[PDB]
Colleague: 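One structure, pasted below without further comment.
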Amino acid sequence: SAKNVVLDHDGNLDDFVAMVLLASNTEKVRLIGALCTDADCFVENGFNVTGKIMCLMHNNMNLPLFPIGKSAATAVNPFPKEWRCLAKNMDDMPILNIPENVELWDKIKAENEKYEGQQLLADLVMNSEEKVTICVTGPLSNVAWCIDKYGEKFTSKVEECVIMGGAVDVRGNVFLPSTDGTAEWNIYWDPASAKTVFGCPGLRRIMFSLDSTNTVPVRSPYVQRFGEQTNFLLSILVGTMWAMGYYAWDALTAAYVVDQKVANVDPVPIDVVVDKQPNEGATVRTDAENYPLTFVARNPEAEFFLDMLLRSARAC
Amino acid sequence: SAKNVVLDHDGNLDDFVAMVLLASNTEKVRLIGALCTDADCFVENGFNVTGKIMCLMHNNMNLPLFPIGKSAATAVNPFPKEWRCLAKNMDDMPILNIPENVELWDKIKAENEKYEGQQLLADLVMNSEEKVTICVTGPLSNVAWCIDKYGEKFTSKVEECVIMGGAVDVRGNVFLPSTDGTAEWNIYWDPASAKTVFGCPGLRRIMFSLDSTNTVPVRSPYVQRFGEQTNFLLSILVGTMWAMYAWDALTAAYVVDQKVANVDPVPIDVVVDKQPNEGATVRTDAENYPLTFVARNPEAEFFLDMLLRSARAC
Ligand SMILES: O=c1[nH]cnc2c([C@@H]3N[C@H](CO)[C@@H](O)[C@H]3O)c[nH]c12
Ligand SMILES: O=c1[nH]cnc2c([C@@H]3N[C@H](CO)[C@@H](O)[C@H]3O)c[nH]c12
Ligand SMILES: [Ca+2]
Ligand SMILES: [Ca+2]
């Protein structure tokens, strides 16, 4: 009884760990598509790594193929050049370049190159028989576009939108000379889109803000445990990615989609600062009457998540 | 018969690929030891990666263990912190943390933690029955130290010093506000030590300067070829390191097989003052100045195939 999930990511290392988490848990998740945004990555690399990962999994665990599209979304405020992916680095990793897998990817690559990521998101949600859960690990530009373009026809088909983004009762992570450090990168990348998303009535939202993700730092000892599973392709993959502060922001978010025990949620009316102020991009509690609620993750089960990841990485 | 070789490195990615090359070619190289310098890495991480690589190999093919020492050499001009952390990353790679191998490392770690890199180098060379080839892939502080402390007693025991460093007819790679870009990093890190080494009489030196290493850039299509060999631990290791020029690897390849390149005798001096061209390796006309055999036109394809083949040792 797996639910349909679409992954809307921006190709960084944790976006790919999130992908593995979602794809590996076939009992709970049926991954029907993914789109990559040119934010915290260079979209072509992110697109290719997504396909290489999908093909490796298809040939080793019977994971069904799914469409992958590149989003045309553009930044309001660009991610730092440095961080913009080791996705280029991941594209040359040996584990993602096994002939049988690379050959299959090259066979279906052309048709996926044809999709427009944003439309792909809209179509997968609207045309699916059952409702779709959207896992957003990059900026909210794509979900916002779908809301602006299809409205209720889109939102009514969304089971829930599980979002990695924001900072509610803690500091953010955007520290530039012109910012005060209260905003988080995914929101800051496109504040207006984030606002559209958080204020959309009739869209159920689960939000993994830094309040919860801060409890899961990526530490060496834990990362080295993937060394106990080198006979599993997914452990070489996940371990290598994490081997390269840093938190499992996107991974925690995806873990929740797999099993809601990862964390409890509490309703909070969320607005986003779009003006060019030092706190531009901040997700704040609004007093507006009848403002829609967003379910913010709290007290995530850290141990549970970490063990879930290590276990999922033994899928194949 | 294999020749005795000691790897004197500073823990960056190519340092480790060089180590794999030397270690995998048991027919040509008998790797009797290694030392790690806190230069292009943080020594502790460099130390641990060296050990993990050695134990990974020892547990999967015939390769005797050898002593690994931490050098106490300190920089004159440090590498940008950015590159130094790469050893930390490799230290957490899954292929280097397989339990049986880590346990082996944990088991022999005590014996190795007590060595002083510079002294271990002096000892391995001088106590060897045959002469020893030194493969230097980091700064020349350690060889200089041995020369400074033992002179002829040390050099007379060196078959040859194969060095990755300098730039002769091409531009360097040290681009900083205070420099003019004619210098190469390994030399720049410690110019004085380099001067002692390159001006040392009775020391045969083979030098892989940027002039030759520039002709072997690390390319994606080639790096992806390791994906054809995932059944080999060494291919997972090498491909992973190059995915995230082959300076040091070319230098070690030469040690395995000198067919990697022809060499030309050039009298090489080093600029030591704190000027913009500090650390540059410059040709000198001084009478009776010692010669250094500078590598030229390295066999690129031969080198790329040797590495691919070597990565299939296990
Ligand atoms: O230092 C960093 N390197 C790479 N990505 C991120 C991010 C990205 N932004 C989100 C967390 O702020 C999350 O989706 C992650 O992929 C924040 N900081 C870094
Ligand atoms: O951009 C870089 N990343 C990592 N290492 C180096 C080096 C180091 N210095 C030597 C080549 O200049 C070589 O031993 C290598 O380990 C130069 N540039 C870089
Ligand atoms: Ca992300
Ligand atoms: Ca080096």
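Proteins come first, then strands; the chains are lettered A, B, ... in the order of their sequence lines, and each starts at number 1. Order of appearance sets the numbers: ligands from 1, and atoms from 1 within every ligand. No hydrogens, no waters, no symmetry mates; every other heavy atom, side chains included, goes into these values.
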Colleague: Which compound, picking from mefenamic acid, etomidate, forodesine, sits at ligand 1?
Modeller: forodesine
Colleague: Quick one: what's forodesine (ligand 1) bound to in this structure? I mean the chain with the most contacts, named like the PDB entry names it.
Modeller: IAG-nucleoside hydrolase
Colleague: Would you pull out the other chains with a heavy atom less than 4.0 Å from forodesine (ligand 1)?
Modeller: A
Colleague: Which neighbouring residues and nucleotides define the binding site of forodesine (ligand 1) at 4.0 Å (non-hydrogen atoms)?
Modeller: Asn12(A), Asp15(A), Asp40(A), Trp83(A), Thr137(A), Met164(A), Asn173(A), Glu184(A), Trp185(A), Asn186(A), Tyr246(A), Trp249(A), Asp250(A)
Colleague: Provide the number and element of each atom of forodesine (ligand 1) under 4.0 Å from a heavy atom of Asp15(A).
Modeller: 16 (O)
Colleague: Any idea which atoms of forodesine (ligand 1) are less than 4.0 Å away from a heavy-atom of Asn173(A)?
Modeller: 11 (C), 12 (O)
Colleague: Which forodesine (ligand 1) atoms are under 4.0 Å away from a heavy-atom of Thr137(A)?
Modeller: 14 (O)
Colleague: Which other ligands or ions, by number and name, fall under 4.0 Å from forodesine (ligand 1)?
Modeller: ligand 3 (calcium ion)
Colleague: Can you list the atoms of forodesine (ligand 1) that are under 4.0 Å from a heavy atom of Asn186(A)?
Modeller: 9 (N), 10 (C), 13 (C), 14 (O)
Colleague: What atoms of forodesine (ligand 1) come closer than 4.0 angstrom to any heavy atom of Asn12(A)?
Modeller: 4 (C), 5 (N), 16 (O)
Colleague: Look up the source organism of chain A in the entry.
Modeller: Trypanosoma vivax
Colleague: Please identify which atoms of forodesine (ligand 1) are closer than 4.0 Å to at least one heavy atom of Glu184(A).
Modeller: 9 (N), 10 (C), 11 (C), 12 (O)
